[PDB]
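Quick look: plinabulin on Tubulin beta.
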Amino acid sequence: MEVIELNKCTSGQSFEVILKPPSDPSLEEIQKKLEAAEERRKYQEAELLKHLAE
Amino acid sequence: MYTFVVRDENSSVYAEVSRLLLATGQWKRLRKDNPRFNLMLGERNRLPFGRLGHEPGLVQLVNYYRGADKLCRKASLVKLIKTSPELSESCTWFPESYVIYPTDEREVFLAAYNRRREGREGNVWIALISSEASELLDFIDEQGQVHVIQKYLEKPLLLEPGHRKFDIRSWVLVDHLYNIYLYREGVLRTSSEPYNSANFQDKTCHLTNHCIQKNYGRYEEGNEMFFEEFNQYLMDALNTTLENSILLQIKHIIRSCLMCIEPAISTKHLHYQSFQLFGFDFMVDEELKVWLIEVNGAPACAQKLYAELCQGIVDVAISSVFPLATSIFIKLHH
Amino acid sequence: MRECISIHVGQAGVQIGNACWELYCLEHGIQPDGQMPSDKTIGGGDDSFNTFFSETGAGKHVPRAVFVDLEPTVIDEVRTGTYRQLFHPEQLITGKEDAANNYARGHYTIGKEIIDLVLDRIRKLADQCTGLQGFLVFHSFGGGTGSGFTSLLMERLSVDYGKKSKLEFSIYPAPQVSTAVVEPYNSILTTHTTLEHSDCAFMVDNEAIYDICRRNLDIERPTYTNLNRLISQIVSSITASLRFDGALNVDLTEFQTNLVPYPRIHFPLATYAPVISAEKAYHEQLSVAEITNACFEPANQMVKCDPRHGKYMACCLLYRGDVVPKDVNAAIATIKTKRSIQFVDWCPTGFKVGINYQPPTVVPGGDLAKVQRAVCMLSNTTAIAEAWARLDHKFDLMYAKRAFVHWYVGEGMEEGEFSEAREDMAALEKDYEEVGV
Amino acid sequence: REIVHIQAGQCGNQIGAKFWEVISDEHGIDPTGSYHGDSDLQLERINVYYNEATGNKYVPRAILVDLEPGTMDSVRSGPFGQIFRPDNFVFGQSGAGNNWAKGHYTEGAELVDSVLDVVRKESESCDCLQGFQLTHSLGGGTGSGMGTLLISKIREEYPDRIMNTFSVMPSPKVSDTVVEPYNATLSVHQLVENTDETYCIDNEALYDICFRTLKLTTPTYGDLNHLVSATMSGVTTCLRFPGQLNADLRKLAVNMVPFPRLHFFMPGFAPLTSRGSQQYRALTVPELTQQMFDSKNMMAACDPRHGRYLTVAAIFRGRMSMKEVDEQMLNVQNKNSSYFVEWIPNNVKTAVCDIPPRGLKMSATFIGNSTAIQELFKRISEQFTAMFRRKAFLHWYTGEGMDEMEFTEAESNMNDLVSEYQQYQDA
Ligand SMILES: Nc1nc2c(ncn2[C@@H]2O[C@H](COP(=O)(O)OP(=O)(O)OP(=O)(O)O)[C@@H](O)[C@H]2O)c(=O)[nH]1
Ligand SMILES: Nc1ncnc2c1ncn2[C@@H]1O[C@H](COP(=O)(O)OP(=O)(O)CP(=O)(O)O)[C@@H](O)[C@H]1O
Ligand SMILES: Nc1nc2c(ncn2[C@@H]2O[C@H](COP(=O)(O)OP(=O)(O)O)[C@@H](O)[C@H]2O)c(=O)[nH]1
Ligand SMILES: CC(C)(C)c1[nH]cnc1/C=c1\[nH]c(=O)/c(=C/c2ccccc2)[nH]c1=O
Ligand SMILES: [Ca+2]
Ligand SMILES: [Mg+2]
Ligand SMILES: [Mg+2]
């Protein structure tokens, strides 16, 4: 019903119609997570080469 | 070869449906959590509609209409009727009702309660049945959950011989095309004990539930009078017929309620499909005027009619979608 | 004028990016060689289209885009594509071996050795900006690169660009067009990691786009080319406000304002109409009322769900073509009385309309027909939670048996991160519930 | 993404040579090594299995291994015998004598380092090696004993590379010696640990196919290998030919192996054809889908109805409606969804290649990861236990320095593998 904030131009126009009213991790921490997972890989790859050494 | 699942074991109705399907040799039953189904005889609570119609290369169907609960809950039904312009405040076939929350339209209920007292007319109500507003509100707040206060029908039609109260149950099936099918066979769930106008304390003649009644089996087998008898009684006792005096109003109420919520629950253009069996309960007064009491989304049928109804559900609601290699229903056109 | 940088991660993101930038060039009249004859301000400027394009002294208009993949295959097709002269090599970044549909491999293992390179190439574009708004990120939930490396990148952008907004264009996984079975894992994992870093994300279910191509374009077996060209139309409608003159959604911050009241619930449902086959003859042109009414048909949505059983928090109508406010309001008045459009009590039941007199541009030789008027509705409804429910259910089924989990643990990830990411999704589903019912 | 092929032993080289003979025809490469095709699709992904030589010749990235010069001399004198690089012919003289111990510990240990030098030389020439593939039998000594020895050492030097294998399982129906269950059990223990994907090619199945289906009264190893080469050509199609598919060995392994130890797949192929006998009628899509799922087409003597599919991969070849394929594939699933685990959603993926194999207008290759494969391992276990309970023929191994404990361990590990398949068959 109520049309408001009608803005016009050459490209087109825009408006709002209301029908009814109402009723972060740091760079340190990030690097600490990426490297921690890398150690878990290095440990897994170590236990493999240890197992293969046996 | 179509496939289906069962996720409601207590369903006396769809236990017979599944039985019938397996007996065709063209329907196979899968496990509960097998998503690769064609049909879903789902549960009553927390039915996962959101996971339906996403299996590639599988037409899916469910025996429940999402959003139909707004019609099948007393608190919701009253709101639906009072707020819908199609039904409106002045709905002729729905008793005067109000929603009450335990400590809302409490002040609105008292305003009408006064006109009944300052008019010296019938002021009996039901949630227990009482004539005093104080005894009722105290009862609701002592239970815990939300209750609805409804105007009690003090002058009901009474069967004879017996001076007996009763209520009419109509089973309605809405298929995937939203065709409204009324089962031709209904039932009068009757009170075996005579109706007492004065004493409301005795709830064995005011309430006509099949469980409470179980004078059981005196007049008819199991306090259940079918249509061929009740029709005959009307002709002999009141010189009228069930079709004219009552059933037109019934078919009007059924047609009205489902037309109202159609744009909300219709699966016409959805990625999954829905049908559902409903159970409309009515109440006739002495002047042969049908009143709607409520609607059941998960109704149980009568023993005699299980064989015929459950077959009908398979024929029109299931086999219509999944075809295989006179009618028992009345189509309420709209 | 404030600039915007587009980031395309993985196969899906890159190829979709190609579809969008292909379309953007046609809309702004830019040629494959980067020349824009209509641009009378040679060498630079600060027009609306300069948000997505920067200008050289030679008069070339280059996208402010960075393509990244952990594999050379897809991006190489951009290097040798028809718009090869459009970009410059530093914008196109490729690795050696991909993430093999593994989130952990794309995030931790392979993501770690290239994240610094990407952020540097991104920084090169950021230095050419007088006032950077933020970023538009294109990726897939299913891919290891699109999921794993995206989440890692989004984390770093929030650090290196704290004041900048970040919008997502995500491809929700669909079994019909994916050969990956571990997509539910990657999807939950990348969402959990990116949720606090994304201001507004537009999900696009391939299932929906697939059927829309089958149903309305009469294509038996839609290809990614068919999907992307349709997706690029939607994306274009959403970003047109940034690339053209107007007053609605002129900045990325305004997307958050107009569509996202609650931060965590920042997944607006997009609906687009009309989609007409280019091979179809005797097509009757649909009116304002007919296309606006089609914005409330589930069969036109980017994600298949039922808004009727959900509550709205916001709603924008983005028209393109021959449309006037009078016809819109008359269409809204009709629809409001014939449909179930419930808003939350703490929001006004209304629509923010934006009209652009230029009709939608279609790729020559494409599947889409030229129409007189088109519309793209952006509505933030709780009914989109159905997409999360489907995704979390598939996750629970596989994870209950720890299937495929060893692939992720083998890349340094911890099994606890699975349950942690799932718990966050469980909390998200509840947030939709509270607002919904 | 290049692949290094290795073939060990009599069976491995006979099957391996047959494989190169087939795909060399598909890529339009002649026995000399010169390309003579018509489609660029034959050269877009030829780098995967071929190295580009000086005079524009294409040399297979293959390494031929054996502890006796017998078979490898038959290869070099064979049809495509000249295409192989001569430096890649690594061979001993003593042989393995169908002894796993000789191939893995004594005789093979003398030669294994010589092989790795060739592997290393091939790998260093790869722009981006995606993995290895091995062809061998498990009932012999070289391909079984030395084959698993190579795998163990390749993983040591290439821990982050995919290792696949085409393993021929022994069977009493097609048997060379009685100690085949011993060699097989010892090898399986190695394959469970050091391979990403093992394709169990049961000689029992290959025989029954030749006998019952192909109607061959007395099938030779040539008959058996025709079925193998056709299958091998199939499972390598998605890498050797381009079409709009972007997956390397790792990506495929990720979507086929839900659990590390359970990576033993059932090969399948349709239509099943015998050598020479040209078929004139091309099968329909419904016919390809029905046959490739039929037990009669499984190249691992296992009943898929006795187990459940963890993951399924099918690749159709030829000009056909991809829609009809999707319909027929989805039809099989929805008809027999009980034989697919419900806790891995959409575990049946499918692809289509426009280029059909030689002699067929269209075909389909089946790659099934079923728990029914345990029937194969149980079969080998019974044959193993029957002899080992009396310590029969064990002196052939203890004479090579082996102990009884190593047999008990290999026995136990395979029984553990069986129990694992049984765990997910009831889940
Ligand atoms: N709409 C659309 N979806 C795509 C496209 N390409 C891939 N996808 C989807 O992306 C998902 C898999 O992720 P990909 O983009 O292929 O993989 P990636 O992002 O390159 O990461 P990697 O696995 O490491 O290669 C699948 O579910 C596909 O449906 C595309 O061009 N258009
Ligand atoms: N307004 C009213 N006036 C008169 N009787 C009423 C009434 N509301 C309910 N009743 C009586 O109450 C009995 C049961 O009430 P109601 O149907 O609301 O409970 P219920 O719904 O839990 C049983 P069902 O779900 O099976 O129909 C009916 O037999 C009817 O006789
Ligand atoms: N299909 C097939 N199987 C073979 C062939 N030769 C041997 N085998 C099988 O392999 C086992 C013998 O192994 P063999 O290859 O001779 O051992 P090796 O040469 O010393 O490594 C037996 O169980 C045979 O069934 C062959 O040419 N084709
Ligand atoms: C989608 C499709 C059909 C390509 C697929 N999805 C999962 N697996 C495959 C196929 C294969 N998957 C494999 O793992 C595979 C292994 C392989 C490939 C080349 C050489 C040796 C083994 N070969 C395949 O063809
Ligand atoms: Ca300019
Ligand atoms: Mg990729
Ligand atoms: Mg031999």
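Lettering: A, B, C, ... assigned in the same order as the sequence lines. All chain A residue numbers match the PDB entry; in order, they span 6-28, 44-74. To match the PDB entry, the residue numbers of chain B are left as they are there, and the shown ones run 1-103, 126-149, 161-247, 252-362, 372-380. All chain C residue numbers match the PDB entry; in order, they span 1-437. Note that chain D is numbered according to the PDB entry, with residues 2-428 shown in order. Atoms within a ligand are numbered from 1 in the order they appear, just like the ligands themselves. Any value given below was found using the heavy atoms of this structure, including those in side chains, with hydrogens, waters and symmetry copies removed. Excerpt of entry shown; contacts counted in excerpt.
One finds plinabulin in this model at ligand 4. The letters of other chains with a heavy atom under 4.0 Å from plinabulin are C, D.
Applying a cut-off of 4.0 Å to heavy atoms, one finds the binding site of plinabulin to be C/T179, D/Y50, D/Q134, D/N165, D/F167, D/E198, D/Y200, D/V236, D/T237, D/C239, D/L240, D/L250, D/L253, D/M257, D/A314, D/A315, D/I316, D/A352, D/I368.
Less than 4.0 angstrom separates some heavy atom of D/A315 from each of these atoms of plinabulin: 3 (C). Taking atom 23 (N) of plinabulin as the reference point, the nearest protein heavy-atom neighbour is D/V236 O, 2.9 Å. When only interatomic distances are considered, the shortest N/O to N/O separation between D/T351 and plinabulin does not fall below 3.5 Å.
Ranking protein heavy atoms by distance to atom 14 (O) of plinabulin, first place goes to D/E198 OE1, 2.8 Å. The distance from plinabulin to the heavy atoms of C/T179 drops below 4.0 Å at these ligand atoms: 1 (C).
Nearest non-hydrogen protein atom to atom 15 (C) of plinabulin is D/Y200 OH, 3.3 Å.
In terms of protein heavy atoms, atom 7 (C) of plinabulin is closest to D/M257 CG, 3.7 Å.
Atoms of plinabulin found under 4.0 Å from any heavy atom of D/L250 (numbered from 1 in listed order, with element): 17 (C), 18 (C), 19 (C). Nearest protein neighbour of atom 6 (N) of plinabulin, counting heavy atoms only, is D/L253 CD2, 4.0 Å. Of all protein heavy atoms, the one closest to atom 22 (C) of plinabulin is D/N165 ND2, 3.2 Å. With ligand atoms numbered from 1 in the order given, plinabulin contributes 11 (C), 23 (N), 24 (C), 25 (O) to contacts under 4.0 Å with heavy atoms of D/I368.
Per the PDB, molecule name for chain C: Tubulin alpha. The contact set between plinabulin and D/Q134, taken as ligand atoms under 4.0 Å from a residue heavy atom, comprises 20 (C).
For plinabulin and D/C239, the ligand atoms under 4.0 Å from any heavy atom of the residue are 24 (C), 25 (O). Closest to atom 2 (C) of plinabulin among all protein heavy atoms lies D/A352 CB, 4.3 Å.
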Tabulate distances under 3.5 Å between N/O atoms of plinabulin and N/O atoms of the protein, writing both atom names on each line.
{"unit_1": "plinabulin", "atom_1": "14 (O)", "unit_2": "D/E198", "atom_2": "OE1", "d": "2.8"}
{"unit_1": "plinabulin", "atom_1": "14 (O)", "unit_2": "D/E198", "atom_2": "OE2", "d": "3.3"}
{"unit_1": "plinabulin", "atom_1": "23 (N)", "unit_2": "D/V236", "atom_2": "O", "d": "2.9"}
{"unit_1": "plinabulin", "atom_1": "25 (O)", "unit_2": "D/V236", "atom_2": "O", "d": "3.2"}

